[PDB]
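So, a structure with tacrolimus in it.
We number each residue from 1, following the sequence as shown. Values below: all heavy atoms of this structure, side chains included; hydrogens, waters and symmetry mates excluded. Heads up, header says this was done by X-ray crystallography, 2.5 Å. Whatever order the structure lists them in is the order used to number ligands and atoms, beginning at 1.
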Amino acid sequence: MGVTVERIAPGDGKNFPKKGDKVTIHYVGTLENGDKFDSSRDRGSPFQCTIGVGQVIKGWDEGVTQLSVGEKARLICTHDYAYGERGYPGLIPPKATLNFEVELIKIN
Ligand SMILES: C=CC[C@@H]1/C=C(\C)C[C@H](C)C[C@H](OC)[C@H]2O[C@@](O)(C(=O)C(=O)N3CCCC[C@H]3C(=O)O[C@H](/C(C)=C/[C@@H]3CC[C@@H](O)[C@H](OC)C3)[C@H](C)[C@@H](O)CC1=O)[C@H](C)C[C@@H]2OC
């Protein structure tokens, strides 16, 4: 049903990213078969972006807002909350479900 949050280790229960917030977030991205396509942890570098304003995939906009600082989780994004029917040429096959193991490090 779109984006689903599989909770692994809990956040602080208080600080949740809101629309327009900057988040600092480690992620490991895998395709529906288990193969990694991207990883901020292999670059030793958490990613930073603005949540809820249309700049990341829908699964992150509707999914990262459900986490609190410190939390580990998996966002399971079906293709309509990711790269859709065409996919991402070279990287993401069409209609793919994507699986992001994420850790929310900080909100601003
Ligand atoms: C000049 C632009 C390059 C610029 C690249 C960076 C800043 C480096 C940054 C680590 C991205 C990665 O570079 C290693 C690499 O990350 C992926 O592997 C990936 O894990 C992914 O899915 N992520 C990254 C983590 C957040 C969720 C999602 C994303 O939303 O990413 C965003 C994304 C592509 C959203 C599109 C935007 C267009 C909409 O139409 C579409 O809507 C469906 C969704 C990224 C951050 C963009 O906002 C900014 C950029 O693209 C992509 C598979 C391909 C992407 O490289 C291109």
* To do: Give the name, as used in the PDB entry, of the chain with the most heavy-atom contacts to tacrolimus (ligand 1).
  => Peptidylprolyl isomerase
* Where on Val56 is there a heavy atom closer than 4.0 Å to tacrolimus (ligand 1), on the side chain, on the backbone, on both, or on neither? -> both
* Asked: Which of the listed options, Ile25, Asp38, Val23, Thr50, holds the heavy atom that is closest to atom 15 (C) of tacrolimus (ligand 1)?
  -> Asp38
* Numbering as shown, the atoms of tacrolimus (ligand 1) that approach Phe100 to under 4.0 Å (heavy-atom distance) -> 20 (O), 22 (O)
* In terms of atom number and element, which parts of tacrolimus (ligand 1) are under 4.0 angstrom from non-hydrogen atoms of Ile57? -> 30 (O)
* **Shortest heavy-atom approach to atom 21 (C) of tacrolimus (ligand 1) - which of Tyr27, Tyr83, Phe37** => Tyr83
* Asked: Has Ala82 got any heavy atom lying under 4.0 angstrom from an atom of tacrolimus (ligand 1)?
  -> yes
* Report the part of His79 (side chain from C-beta onward, or backbone N, CA, C, O) that has a heavy atom under 4.0 Å from tacrolimus (ligand 1); answer both or neither where that applies. => neither
* To do: Return yes or no for this condition: an N or O of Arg43 is under 3.5 Å from an N or O of tacrolimus (ligand 1).
  => no
* Asked: What atoms of tacrolimus (ligand 1) come within less than 4.0 Å of a heavy atom belonging to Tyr88?
  -> 57 (C)
* Which of the numbered atoms in tacrolimus (ligand 1) are below 4.0 angstrom from a heavy atom of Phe47? -> 9 (C), 10 (C), 26 (C), 46 (C)
* Asked: If you take every non-hydrogen atom within 4.0 Å of tacrolimus (ligand 1), which residues does that pick out?
  -> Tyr27, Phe37, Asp38, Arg43, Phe47, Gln55, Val56, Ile57, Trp60, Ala82, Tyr83, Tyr88, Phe100
